[PDB]
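Drug present: rapamycin.
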Amino acid sequence: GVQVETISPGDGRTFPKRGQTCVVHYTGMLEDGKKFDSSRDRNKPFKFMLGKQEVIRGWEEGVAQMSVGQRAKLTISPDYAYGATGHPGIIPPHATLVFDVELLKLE
Ligand SMILES: CO[C@H]1C[C@@H]2CC[C@@H](C)[C@@](O)(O2)C(=O)C(=O)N2CCCC[C@H]2C(=O)O[C@H]([C@H](C)C[C@@H]2CC[C@@H](O)[C@H](OC)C2)CC(=O)[C@H](C)/C=C(\C)[C@@H](O)[C@@H](OC)C(=O)[C@H](C)C[C@H](C)/C=C/C=C/C=C/1C
């Protein structure tokens, strides 16, 4: 599944609702491997709508349990990421992913 380890705590009260836009900064890497993506490097936060199957399961369930201002290490097993197929040209089959995700605001 997805393990969530807090890097910095949020307010512990303001959690995303289903259908709400989450505004996040993230860095993604293969577990004990190469960094493949970082929204911080392009200086523009990433946005997705929760409960719309817009992102991988590990992100859906991981961000759902985070409060505003929280920064966490998400360790996402293959079944909650890109599984046996992988993501063409970037993520190989059976890849465990590690994301550093900070929940900046809700809109
Ligand atoms: C250039 O950068 C890419 C993202 C890259 C792709 C490759 C991966 C390594 C990665 O580097 O991100 C990455 O770090 C990663 O794994 N991500 C992105 C950060 C959130 C978690 C994860 C993810 O789920 O990506 C996502 C993953 C790759 C595919 C989805 C996985 C869940 C599954 O249910 C979806 O089926 C549909 C497909 C990509 C996204 O986060 C984007 C935003 C969402 C989609 C494309 C779909 O949800 C789509 O559905 C029609 C939409 O509703 C969108 C909003 C419609 C508009 C027009 C499309 C915008 C496309 C944006 C693409 C962006 C910014």
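By convention here, the first residue in the shown sequence is residue 1. As the structure lists them, so they are numbered: ligands from 1, and atoms in each ligand from 1. Atoms considered below: every heavy atom in the structure, side chains included; atoms not considered: hydrogens, waters and symmetry mates. The header says X-ray crystallography, 1.7 Å.
- The chain forming the most contacts with rapamycin in this entry appears in UniProt as Peptidyl-prolyl cis-trans isomerase FKBP1A.
- Close approach of rapamycin to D37 is summarised as follows: ligand atoms under 4.0 Å from at least one heavy atom of the residue are 5 (C), 10 (C), 11 (O), 12 (O), 13 (C), 14 (O).
- According to the entry, the source organism of chain A is Homo sapiens.
- Shown in contact with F99 at under 4.0 Å from a heavy atom are these atoms of rapamycin, numbered in order with element: 14 (O), 15 (C), 16 (O).
- Close contacts of rapamycin with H87, meaning ligand atoms under 4.0 Å from a residue heavy atom, involve 7 (C), 28 (C).
- Considering backbone and side-chain N/O of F36, none are found under 3.5 Å from N/O of rapamycin.
- The bulk of residues of chain A touching rapamycin reside in UniProt domain PPIase FKBP-type.
- Below 3.5 Å of separation, one finds no N or O of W59 facing any N or O of rapamycin.
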